[PDB]
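This entry carries tigecycline.
Throughout, chain A uses the PDB entry numbering, with the displayed residues spanning 13-247, 251-383 in order. Remember, it's 1-based here, ligands and their atoms both numbered in the order they're listed.
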Amino acid sequence: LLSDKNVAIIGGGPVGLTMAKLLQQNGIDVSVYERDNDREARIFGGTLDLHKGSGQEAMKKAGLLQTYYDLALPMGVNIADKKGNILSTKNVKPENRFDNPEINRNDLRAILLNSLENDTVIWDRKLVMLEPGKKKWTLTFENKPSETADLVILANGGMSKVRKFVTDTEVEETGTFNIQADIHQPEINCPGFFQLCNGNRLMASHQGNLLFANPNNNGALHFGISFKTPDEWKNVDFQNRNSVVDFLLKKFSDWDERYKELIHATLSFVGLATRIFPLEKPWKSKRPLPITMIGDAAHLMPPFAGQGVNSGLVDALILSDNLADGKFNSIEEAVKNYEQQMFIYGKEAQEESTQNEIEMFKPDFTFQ
Ligand SMILES: Cc1cc2nc3c(=O)[nH]c(=O)nc-3n(C[C@H](O)[C@H](O)[C@H](O)COP(=O)(O)OP(=O)(O)OC[C@H]3O[C@@H](n4cnc5c(N)ncnc54)[C@H](O)[C@@H]3O)c2cc1C
Ligand SMILES: C[NH+](C)c1cc(NC(=O)CNC(C)(C)C)c(O)c2c1C[C@H]1C[C@H]3[C@H]([NH+](C)C)C(O)=C(C(N)=O)C(=O)[C@@]3(O)C(O)=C1C2=O
């Protein structure tokens, strides 16, 4: 049941892009309105791990899991100390190398983009407004023609602004803060640090600061530093490089000389506060027209527990099915049901993520 109409996915993330396929597979008419300028736009951020059981189910259900195993690269993980000592190393074992192999965010999108029918994604669409008209929604896009649709699936990330028709819940900051960079030609530009990783992820922890790194994101080193947000911040300048460098050289003064090599080797740092979009209040029972929310727009959550795209790919799988079912009658109950299941696990995940982030920053911890 439920055909003859069309869908509008605002946001071509990993999650929305997946969602376009699972609908377009079962013959539903979808469009993905994405704000990026063109497909070849560089995606900042590290590597996704799709878990067997959640993320991977979604890639399976679309016929892409082998394509995901093809492009993803399984990684082992070291754990180091401020002095550079390897304390542990779980390398990849031949059977469970298919557990969560790291795939690059652009690689993933290229896979999802091939799966979709041509012109499924209309690019240069920054959705600014939603008016719920007659039998459908009017969607307005900055300096581009408006369009209309029966169902609007919100996939536009943790800081989506058009949530109000679903919930008046708003994102909160978490209390921790994350700095991130890329380093190109890591082998020569951060030679000491690249070696300490030995082709493996690298996770350190000292006195409330946390460093993470991936030595191989298509030949780029991506590292990330996390800390309880300095109290002095409320309501540095990440545009000014050696201003972020000095902050970091203070915070990381006691660490080995090799990590400092990383910091003075990165050109541009990007600042991010950790945020949560809590599943506290049940979303509105009263909704003018059919609308729902998957991905980081549904449950933005701290990036410290492997959740985020997996919850998002799952809630893609779940919702997508509820629509393609003749096992449903009313779309209002077809999404009410997707929203039932996600409140369960998102909360489960948010609890984990919020929990893990309490765990670190608290005096020297062991890792997972
Ligand atoms: C430091 C860090 C590390 C993380 N690590 C992991 C990890 O290791 N594993 C994991 O599973 N998750 C991780 N996450 C979380 C993860 O990136 C998200 O859960 C994931 O990106 C999925 O969200 P979307 O794809 O659901 O949202 P997004 O990735 O945020 O994609 C949103 C899309 O919609 C577009 N868009 C945004 N606004 C608009 C608009 N107004 N109109 C139209 N389009 C719009 C965007 O441009 C983009 O294409 C991490 C996050 C951070 C900050
Ligand atoms: C507890 N912390 C340490 C943690 C835990 C898990 N796993 C679990 O919580 C599940 N617990 C089990 C193991 C099932 C018992 C985790 O799965 C993770 C993480 C940490 C993040 C670190 C991220 C990092 N960024 C933020 C700087 C990074 O460099 C990368 C990367 N590949 O480049 C990440 O992808 C990162 O986001 C990431 O994946 C983390 C975890 O996967």
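- Every copy of tigecycline considered, the relevant parts of the structure are ligand 2.
- Lab note: main contact partner of tigecycline (name per UniProt) = Flavin-dependent monooxygenase.
- With a non-hydrogen cut-off of 4.0 Å, the residues around tigecycline amount to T59, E114, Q192, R213, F224, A225, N226, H234, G236, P318, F319, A320, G321, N371, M375, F382, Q383.
- Taking the UniProt FAD-binding residues of chain A and keeping those with a non-hydrogen atom under 4.0 Å from tigecycline leaves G321.
- Less than 4.0 Å from tigecycline sit the following other ligands and ions: ligand 1 (flavin-adenine dinucleotide).
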